[PDB]
Chemist: 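Dumping the structure here so I can ask a few things about it.
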There are 2 protein chains.
Amino acid sequence: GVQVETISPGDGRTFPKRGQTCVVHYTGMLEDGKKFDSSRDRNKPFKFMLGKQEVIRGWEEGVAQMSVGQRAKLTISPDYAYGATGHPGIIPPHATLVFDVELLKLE
Amino acid sequence: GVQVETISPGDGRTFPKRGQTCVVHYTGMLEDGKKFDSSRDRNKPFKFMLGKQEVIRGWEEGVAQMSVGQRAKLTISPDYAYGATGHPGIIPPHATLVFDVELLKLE
Ligand SMILES: C=CC[C@@H]1/C=C(\C)C[C@H](C)C[C@H](OC)[C@H]2O[C@@](O)(C(=O)C(=O)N3CCCC[C@H]3C(=O)O[C@H](/C(C)=C/[C@@H]3CC[C@@H](O)[C@H](OC)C3)[C@H](C)[C@@H](O)CC1=O)[C@H](C)C[C@@H]2OC
Ligand SMILES: C=CC[C@@H]1/C=C(\C)C[C@H](C)C[C@H](OC)[C@H]2O[C@@](O)(C(=O)C(=O)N3CCCC[C@H]3C(=O)O[C@H](/C(C)=C/[C@@H]3CC[C@@H](O)[C@H](OC)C3)[C@H](C)[C@@H](O)CC1=O)[C@H](C)C[C@@H]2OC
């Protein structure tokens with residue numbers, strides 16, 4: 001599944017609704033902290049919508065539990081990410097993924 | 001994991017080696033038989049290589065157990081396919097997949 005550990009608190013009131021656009025900053029790492037990607041590096045937030053198979057399930061369920069402005073570490077089991085296959089040339093089979101995500105705004 | 005059920009026997013001697021190119025025909029279906037894709041429809045075999053994260057794990061492990069000319073039904077658990085996420089607008093979360101695959105040749 002997904003585990004959400006808070007780094008910095010959100011507003012405690014504005015949670016993402018299916019059909020809203022979430023704007024985030026994220027860093028993706030293996031369990032040992034090795035970084036594989038970050039929107040922070042690109043200087044451009046990542047935007048996505050809930051309820052449209054636009055992201056791995058771990059995110060769909062993890063982000064939904066965050067409130068605007070919150071910064072959290074999402075730990076995602078392989079079945080809620082890339083499972084036994086992984087993601088070609090970046091993530092190996094059966095990898096639990098760690099993402100540092102900041103929920104910037106909802107639009 | 002993956003279960004391989006033979007429809008028609010292969011040569012019983014020529015099994016795919018990592019690094020060889022497999023040429024197949026396949027039909028992908030949900031567990032109720034509903035078809036989502038087929039190379040047969042396109043009149044063009046699908047080619048892929050073992051050991052390069054080019055296909056879902058269920059295929060990587062299923063095809064490796066087939067010999068040239070064999071026709072088999074591969075039943076693949078969600079973690080060996082698209083897991084809890086599915087594949088946008090085609091396969092739902094937590095779906096076991098059925099593929100009718102024919103191993104035409106190795107190159
Ligand atoms: C149209 C094609 C290009 C389109 C690419 C972009 C919009 C740019 C966007 C910044 C992607 C990043 O590109 C720099 C890059 O992000 C990773 O590095 C990453 O950190 C990651 O894991 N993310 C990204 C942040 C959200 C969670 C997760 C994800 O859900 O990503 C999604 C993902 C891969 C889902 C698959 C979809 C197929 C399902 O079958 C499978 O289910 C198992 C899960 C991405 C957002 C896709 O929806 C959309 C795309 O692919 C991946 C390791 C590889 C991925 O590049 C491809
Ligand atoms: C470069 C991009 C386009 C490139 C597309 C083609 C060469 C055309 C090729 C006929 C794909 C089909 O296009 C008509 C279509 O085949 C499906 O219909 C299907 O029957 C399927 O499941 N197949 C296809 C036959 C092999 C097994 C499986 C697969 O392994 O497919 C692979 C797959 C999706 C793997 C993901 C990869 C990311 C991992 O993170 C994830 O791990 C969870 C698993 C395909 C072969 C990818 O390697 C390469 C591509 O995507 C998918 C339901 C959706 C897929 O279209 C995208």
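In the text below, chain A, chain B and the rest are named by the order of the sequence lines, each starting its count at 1. When a ligand or atom number is given, it counts from 1 through the structure's own listing order. Computation of the quantities below employed the complete heavy-atom set of this structure, encompassing side-chain atoms and omitting hydrogens, waters and symmetry-equivalent molecules.
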Chemist: Which of the following is located at ligand 2: ziritaxestat, digoxin, tacrolimus?
Modeler: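 The one found there is tacrolimus.
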Chemist: Determine the main partner chain of tacrolimus (ligand 2) by heavy-atom contacts and give the name UniProt assigns.
Modeler: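 The main binding partner here is Peptidyl-prolyl cis-trans isomerase FKBP1A.
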Chemist: Okay, with a cut-off of 4.0 Å on heavy atoms, which other chains neighbour tacrolimus (ligand 2)?
Modeler: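 Heavy-atom neighbours of tacrolimus (ligand 2): A, B.
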Chemist: I'm trying to map the binding site of tacrolimus (ligand 2) - which residues have a heavy atom under 4.0 Å from it?
Modeler: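 Within 4.0 Å on heavy atoms: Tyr82(A), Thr85(A), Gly86(A), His87(A), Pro88(A), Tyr26(B), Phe36(B), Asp37(B), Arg42(B), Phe46(B), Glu54(B), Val55(B), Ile56(B), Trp59(B), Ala81(B), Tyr82(B), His87(B), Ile91(B), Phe99(B).
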Chemist: Can you find an N or O of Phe99(B) that's nearer than 3.5 Å to an N or O of tacrolimus (ligand 2)?
Modeler: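 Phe99(B) vs tacrolimus (ligand 2): no N/O contact under 3.5 Å.
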Chemist: What atoms of tacrolimus (ligand 2) come closer than 4.0 angstrom to any heavy atom of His87(B)?
Modeler: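 Atoms satisfying the 4.0 Å criterion: 54 (C).
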Chemist: Can you find a protein heavy atom under 4.0 Å from atom 8 (C) of tacrolimus (ligand 2)?
Modeler: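 Protein heavy atoms within 4.0 Å of atom 8 (C) of tacrolimus (ligand 2) - there are none.
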Chemist: I'd like to check whether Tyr82(A) has a polar contact with tacrolimus (ligand 2), where a contact means an N/O of the residue lying under 3.5 Å from an N/O of the ligand.
Modeler: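 No; every N/O pair is 3.5 Å or more apart.
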Chemist: Between tacrolimus (ligand 2) and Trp59(B), is the shortest N or O to N or O distance under 3.5 Å?
Modeler: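 No, since none of the N or O atoms of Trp59(B) sits under 3.5 Å from an N or O of tacrolimus (ligand 2).
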Chemist: Okay, what organism does the entry have down for chain B?
Modeler: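 The organism in the entry is Homo sapiens.
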Chemist: Would a 4.0 Å cut-off, counted as strictly less than, catch a protein heavy atom around atom 33 (C) of tacrolimus (ligand 2)?
Modeler: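 Looking at atom 33 (C) of tacrolimus (ligand 2), one finds that a protein heavy atom does lie closer than 4.0 Å.
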Chemist: Do any nitrogen or oxygen atoms of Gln53(B) come within less than 3.5 Å of a nitrogen or oxygen of tacrolimus (ligand 2)?
Modeler: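 It does not: no N or O of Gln53(B) is found under 3.5 Å from an N or O of tacrolimus (ligand 2).
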Chemist: For atom 49 (C) of tacrolimus (ligand 2), decide whether some protein heavy-atom distance is shorter than 4.0 Å.
Modeler: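 Within 4.0 Å of atom 49 (C) of tacrolimus (ligand 2), no protein heavy atoms are found.
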Chemist: Measuring from tacrolimus (ligand 2), which other ligands or ions can be reached in less than 4.0 Å?
Modeler: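 That comes to ligand 1 (tacrolimus).
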Chemist: Which UniProt domain would you name for the part of chain B holding most residues in contact with tacrolimus (ligand 2)?
Modeler: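 Most sit in the UniProt domain PPIase FKBP-type.
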Chemist: Are there protein heavy-atom neighbours of atom 53 (C) of tacrolimus (ligand 2) below 4.0 Å?
Modeler: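 Within 4.0 Å of atom 53 (C) of tacrolimus (ligand 2), protein heavy atoms are found.
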Chemist: If the cut-off is 4.0 Å to any non-hydrogen atom of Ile91(B), which atoms of tacrolimus (ligand 2) fall inside it?
Modeler: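 Atoms satisfying the 4.0 Å criterion: 53 (C).
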Chemist: Within the protein, is there a heavy atom lying under 4.0 Å from atom 43 (C) of tacrolimus (ligand 2)?
Modeler: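 Yes, there is a protein heavy atom closer to it than 4.0 Å.
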Chemist: Any protein heavy atom lying closer than 4.0 Å to atom 56 (O) of tacrolimus (ligand 2)?
Modeler: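 Flag for atom 56 (O) of tacrolimus (ligand 2) set to false, no protein heavy atom closer than 4.0 Å.
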Chemist: Please identify which atoms of tacrolimus (ligand 2) are closer than 4.0 Å to at least one heavy atom of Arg42(B).
Modeler: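 Heavy-atom distances to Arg42(B) below 4.0 Å select 10 (C), 14 (C).
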Chemist: Is the shortest distance from atom 29 (C) of tacrolimus (ligand 2) to a protein heavy atom below 4.0 Å?
Modeler: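 Yes.
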Chemist: Atom 4 (C) of tacrolimus (ligand 2): protein heavy atom closer than 4.0 Å?
Modeler: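 No, there is none.
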Chemist: Are any of the N/O atoms on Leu97(B), whether in the backbone or the side chain, positioned under 3.5 angstrom from an N/O atom of tacrolimus (ligand 2)?
Modeler: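 Such a contact does not occur with tacrolimus (ligand 2).
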Chemist: Counting each atom of tacrolimus (ligand 2) from 1 as listed, which ones have a heavy atom of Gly86(A) under 4.0 Å away?
Modeler: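 Within the 4.0 Å cut-off of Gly86(A), tacrolimus (ligand 2) contributes 39 (C), 40 (O), 42 (O).
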Chemist: For tacrolimus (ligand 2), list all ligand N or O to protein N or O distances below 3.5 Å, rounded to 0.1 Å.
Modeler:
{"unit_1": "tacrolimus (ligand 2)", "atom_1": "16 (O)", "unit_2": "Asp37(B)", "atom_2": "OD2", "d": "3.2"}
{"unit_1": "tacrolimus (ligand 2)", "atom_1": "18 (O)", "unit_2": "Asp37(B)", "atom_2": "OD2", "d": "2.7"}
{"unit_1": "tacrolimus (ligand 2)", "atom_1": "20 (O)", "unit_2": "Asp37(B)", "atom_2": "OD2", "d": "3.3"}
{"unit_1": "tacrolimus (ligand 2)", "atom_1": "22 (O)", "unit_2": "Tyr82(B)", "atom_2": "OH", "d": "2.7"}
{"unit_1": "tacrolimus (ligand 2)", "atom_1": "30 (O)", "unit_2": "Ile56(B)", "atom_2": "N", "d": "2.8"}
{"unit_1": "tacrolimus (ligand 2)", "atom_1": "40 (O)", "unit_2": "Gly86(A)", "atom_2": "O", "d": "2.9"}
{"unit_1": "tacrolimus (ligand 2)", "atom_1": "48 (O)", "unit_2": "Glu54(B)", "atom_2": "O", "d": "2.7"}

